[PDB]
Q: 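Take this structure first; my questions come after.
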Amino acid sequence: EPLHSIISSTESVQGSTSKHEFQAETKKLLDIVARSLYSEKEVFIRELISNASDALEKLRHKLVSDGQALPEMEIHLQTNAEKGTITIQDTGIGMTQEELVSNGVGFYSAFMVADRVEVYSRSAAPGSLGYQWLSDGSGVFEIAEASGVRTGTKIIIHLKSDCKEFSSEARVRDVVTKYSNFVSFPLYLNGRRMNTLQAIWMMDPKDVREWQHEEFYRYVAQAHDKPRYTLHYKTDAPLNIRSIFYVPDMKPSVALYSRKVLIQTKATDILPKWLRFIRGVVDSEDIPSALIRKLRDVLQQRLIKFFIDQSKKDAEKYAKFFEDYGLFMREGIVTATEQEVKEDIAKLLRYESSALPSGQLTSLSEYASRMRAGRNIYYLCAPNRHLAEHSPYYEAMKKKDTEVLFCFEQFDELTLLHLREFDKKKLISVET
Ligand SMILES: CC(C)NCCCn1c(Sc2cc3c(cc2I)OCO3)nc2c(N)ncnc21
């Protein structure tokens, strides 16, 4: 068995610790984080991992920048049921003495579950001394020079009396696989490797290719088919977004990460209700019921444009897509309030036309681009094609030289009825 242990008692303090009042901001902040900020107390494990990752990254960066060799870059967790402790060490960039004295606020979440926190840290900088940092989370911490400290940071948590659960390996394992499956550096628990998954949404879209997208699709959608559609969307311009969206090839939710770190597996609010058929992940740093709105919209127009290009890249596959998911588009159109929201989604609708061969579809805008200036969009629900063609109501439009849209289902017609008007033109039935 591949048992990797890097965690042991090498640290010793020769002198005495100097005592140290928190600054008036930090006392209140610590209590806010430890007693209010988070709703689930397990997330401390999450936060401490995040920090660890960060440390490691800038270490890595730094070294690769200076152009020197890379050491072991790992994150280790150790549980101890009888000392009743949980420990997290990283071999990343450490903390200088000033960095410890002065100030990664997620760290303080540790005091949500601990009644004493014990830290050993040593900067990666050349000729850096190790230091010990101690605190009961009141208003007093202690600082002392320590020896036998490895480069990086070791955080030892002495759990509260009824928080002993986080000294159990099974519990901690569950928490880890829950929030930290996609950690960017190798993570071990009690000697055993945990994370195997690659946060492929952080990648460059050009560097990810099919088998990866399939693996991840099956992961987040918990499915066995393949995605029929794939949109890898990165942006920094409006807000920060690293997202992947899949449309299942089976005919009939998105996870919210930030930090390559899970926040909610069921982010139903991140996409509009009519795009609930979409699978995948949204990763955004601008995420602490308002900005989620901002993001939800941003994703909505992004996805709409996506499906439009999909139409104009492969109209037959998109035709099938409209047959399998048009339900959601009609629902979303009727559901919308502001008009051109309705029209935006309406750009995804595909219907048969009198000026098109029976079987072929077009959109409203396509229709309009052949609509001779002069003002109205004509449609008609018949049971089938040839019945619409032989409707007197249409045969009044045949030699009147006008194109007419053909619906074959009541929900389509109700949709166009609700829509009322689309871009500088109203939708009228030829039975009016
Ligand atoms: C390098 C440092 C300036 N980055 C700021 C975040 C501080 N920090 C943190 S959060 C933190 C941790 C503390 C602390 C204050 C913070 I904020 O006092 C006792 O230990 N974790 C780090 C880690 N594993 N490696 C390197 N730095 C860490």
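Count residues from 1 along the sequence. First listed ligand is number 1; within each ligand, the first listed atom is number 1. According to its header, the structure was obtained by X-ray crystallography, 2.7 Å. FYI, side chains are in, hydrogens and waters are out, and symmetry mates aren't considered; it's all heavy atoms of this structure.
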Q: Please pick one of WIN 54954, PU-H71, S-bicalutamide, WIN 51711 as the drug found at ligand 1.
A: PU-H71
Q: List the chief contact partner of PU-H71 (ligand 1) in this entry, with the name from the PDB entry.
A: Heat shock protein 75 kDa, mitochondrial
Q: List the residues forming the binding site of PU-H71 (ligand 1), heavy atoms under 4.0 Å.
A: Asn51, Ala55, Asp90, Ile93, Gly94, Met95, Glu99, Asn103, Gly104, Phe107, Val119, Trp133, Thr153
